[PDB]
Amino acid sequence: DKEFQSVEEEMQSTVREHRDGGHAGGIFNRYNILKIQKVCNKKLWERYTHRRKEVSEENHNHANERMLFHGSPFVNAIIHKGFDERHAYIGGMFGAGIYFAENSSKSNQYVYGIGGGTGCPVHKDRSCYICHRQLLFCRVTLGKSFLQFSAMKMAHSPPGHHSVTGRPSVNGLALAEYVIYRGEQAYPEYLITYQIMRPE
Ligand SMILES: O=C(c1cc(Cc2n[nH]c(=O)c3ccccc23)ccc1F)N1CCN(C(=O)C2CC2)CC1
Ligand SMILES: [Zn+2]
């Protein structure tokens, strides 16, 4: 499957060297991709496309849809129930929203919790090369995205906007991040099962 090869390439090619020296997500340059599953949840897809059409109509017939990563210990609840802003990241740089990265390694830092939590459930290792990790590769409707550089605790998107784009800056973000404030503005399209690999 070329669809799956495209997802593996997005995963591999978006890895970056993290400022924390791998404290949160581990030390690696690449992954061992074990499985890529397409999520087909008709109810979630209908909620997503219904919202995507509304946002498109409010944004000059353009949804501004992107494929983005999301790492979380709650990936299995997300696949069944969808992203839920009632469980949004309050402590987040851009307030109470649902957060995504365009770099797979940034999302990998959240797979076991904030700052990688205590790592894998079995070895309590944030850099575990044994335990199988899971990330989501999502369809996200950004619509009219508010470009922001510094911390801005929002409860909802700014007036006239459908999302917030956190752009990198000198005394700010190392890498981009994308925030939606409505769970129906993202669809968890692919569930990726993988391992981070020990460097060569
Ligand atoms: O957006 C968050 C969230 C994000 C984060 C940070 C984060 N988590 N994952 C990322 O991939 C990421 C990428 C760039 C910047 C930050 C992140 C932390 C706690 C959170 F609750 N959600 C929590 C998990 N979600 C749910 O619907 C849970 C299942 C009930 C979706 C929304
Ligand atoms: Zn482990």
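Residue indices begin at 1 and follow the sequence shown. Hydrogens, waters and symmetry mates play no part in the numbers below; they use all other heavy atoms, side chains included. Start at 1 and go down the list; that is how both ligands and their atoms are numbered.
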Under the nomenclature of UniProt, which macromolecule has the greatest contact count with ligand 1?
Poly [ADP-ribose] polymerase tankyrase-2
Quick check: what drug is at ligand 1?
olaparib
For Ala101, atoms of olaparib separated by under 4.0 Å from a heavy atom
13 (C), 14 (C)
Organism of origin for chain A (entry)
Homo sapiens
Which residue and heavy atom of the protein sit nearest atom 31 (C) of olaparib, plus the separation:
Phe83 CD2, 3.5 Å
Identify the closest protein heavy atom to atom 29 (C) of olaparib: which residue and atom is it, and at what distance?
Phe74 CB, 3.5 Å
Under a 4.0 angstrom heavy-atom cut-off, which atoms of olaparib come close to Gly97?
1 (O)
Heavy-atom nearest neighbour in the protein, as seen from atom 16 (C) of olaparib, with distance rounded to 0.1 Å
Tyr99 CB, 3.4 Å
Could you list which atoms of olaparib come closer than 4.0 Å to a heavy atom of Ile114?
18 (C), 19 (C)
Got the closest protein heavy atom to atom 26 (C) of olaparib, with its distance?
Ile78 CG1, 3.9 Å
Atom 27 (O) of olaparib [closest protein heavy-atom partner, distance rounded to 0.1 Å]
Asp84 N, 3.1 Å
Which protein non-hydrogen atom lies closest to atom 5 (C) of olaparib, naming both residue and atom, and how far is it?
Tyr89 CD2, 3.3 Å
Number the atoms of olaparib from 1 as they appear, then name those within less than 4.0 Å of a heavy atom of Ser107, with their elements.
10 (C), 11 (O), 13 (C)
Quick one: which olaparib atoms are inside 4.0 Å of a heavy atom on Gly71?
8 (N), 9 (N), 10 (C), 11 (O)
Identity and distance of the protein heavy atom lying nearest atom 15 (C) of olaparib:
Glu177 OE1, 3.6 Å
Protein contact to atom 30 (C) of olaparib [nearest heavy atom, distance to 0.1 Å]
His87 CD2, 3.5 Å
Point out the UniProt domain of chain A where most residues touching olaparib sit.
PARP catalytic
